[PDB]
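The next PDB entry has acetazolamide among its components.
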Amino acid sequence: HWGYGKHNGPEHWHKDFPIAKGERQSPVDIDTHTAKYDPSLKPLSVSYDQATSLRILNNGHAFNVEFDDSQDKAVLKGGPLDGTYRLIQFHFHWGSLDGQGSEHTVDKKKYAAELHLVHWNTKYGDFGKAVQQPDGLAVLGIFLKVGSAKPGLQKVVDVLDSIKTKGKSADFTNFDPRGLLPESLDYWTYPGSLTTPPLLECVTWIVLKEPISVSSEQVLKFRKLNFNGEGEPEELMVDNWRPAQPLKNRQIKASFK
Ligand SMILES: CC(=O)Nc1nnc(S(N)(=O)=O)s1
Ligand SMILES: [Zn+2]
């Protein structure tokens, strides 16, 4: 029954998921003045040319755009990754205001939203087996700031009215996640976890440097989603982000000087 309210939010997750106080928990604050530049980092490889979007779903915490991950259609190689990682779904973490909403923070700066493209390591068979492995997931973190309208997002924004409440799902085929990427693929990387329960410490996090801009009219329709199910009292789906967690014995490496 976890969520982001006052009585089931990120401050109560450790009572049902004691790994919330673990070692490699996410998100964290990316301190650009302590993030070491790693010249041995390879360029990222985003092969989304055969990505197959299937469905968009309101799961009571966010909205997920699921992809056909039965084959290596949309993968993520290069960077710090050893092997292939299939894009399975992406989602967003936003807030009620433009000064908050992102999960990762850059020098304590909060962005309006944060895009998470989730990939699972193919050598583990399926997603359920990869989440139990330290190098099982690779999530690509892309910040969203309020500004010009992002054209690659309008197809996502226009469909939100059909998935307003929890449990609603809608067809969402032929979507191209390449439009959601910024111009540059410079990134930070650090070993992390899921930012939602069960908070499994299985994620190699890749947070891109360059944010993307979205018009306030776009991010406003993110805030018109409902946490509740249909017929229940309306609770706006806002501030569905986890605050930053202690970095502890972890080093964030950057692909750019
Ligand atoms: C379906 C799936 O991949 N589960 C996720 N749970 N938390 C995720 S996140 N915020 O760390 O990207 S993805
Ligand atoms: Zn996420």
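We number chain A the way the PDB entry does; in order, the residues shown are 4-125, 127-261. For this deposited structure, the header notes the method as electron crystallography, 2.5 Å. Atoms within a ligand are numbered from 1 in the order they appear, just like the ligands themselves.
Lab note - all copies counted, acetazolamide located at ligand 1. Per UniProt, the macromolecule making the most contacts with acetazolamide here is Carbonic anhydrase 2. An N or O contact shorter than 3.5 Å links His94 to acetazolamide by distance. Interface of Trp209 with acetazolamide, defined as ligand atoms under 4.0 Å from a residue heavy atom, comprises 11 (O).
Contact annotation: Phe131 has at least one heavy atom less than 4.0 Å from an atom of acetazolamide. Lab note: closest UniProt active-site residue in chain A to acetazolamide, heavy-atom distance to 1 Å, was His64, 8 Å. For atom 5 (C) of acetazolamide, the nearest non-hydrogen atom from the set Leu198, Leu144, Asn67 comes from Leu198. For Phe93, no heavy-atom contact with acetazolamide is shorter than 4.0 Å. In chain A, the residues contacting acetazolamide fall mostly within the UniProt domain Alpha-carbonic anhydrase.
Measured by heavy atoms, acetazolamide lies under 4.0 Å from these UniProt substrate-binding residues of chain A: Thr199, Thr200. Residue-ligand proximity, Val121 to acetazolamide, at heavy-atom distances under 4.0 Å covers atoms 3 (O), 12 (O), 13 (S). Below 4.0 Å from acetazolamide sit the other ligands and ions ligand 2 (zinc ion). Distances below 4.0 Å separate heavy atoms of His96 from the following atoms of acetazolamide: 10 (N). Every heavy atom of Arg246 sits 4.0 Å or more from the atoms of acetazolamide. Residue nearest to atom 7 (N) of acetazolamide, selected from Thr200, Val207, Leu203, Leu120: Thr200 (by heavy-atom distance). With a heavy-atom cut-off of 4.0 Å, acetazolamide reaches these UniProt Zn(2+)-binding residues of chain A: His94, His96, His119. Looking from atom 11 (O) of acetazolamide to the surrounding protein, the closest heavy atom is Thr199 N, 3.1 Å.
Heavy-atom distances between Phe95 and acetazolamide stay at or above 4.0 Å for every pair. Ranking the protein heavy atoms by distance from atom 3 (O) of acetazolamide puts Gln92 NE2, 2.9 Å first.
With a 4.0 Å heavy-atom cut-off, acetazolamide is reached by the side chain of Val143 but not by its N, CA, C or O. Using a 4.0 Å heavy-atom cut-off, the binding site of acetazolamide is formed by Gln92, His94, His96, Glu106, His119, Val121, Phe131, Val143, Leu198, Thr199, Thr200, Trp209.
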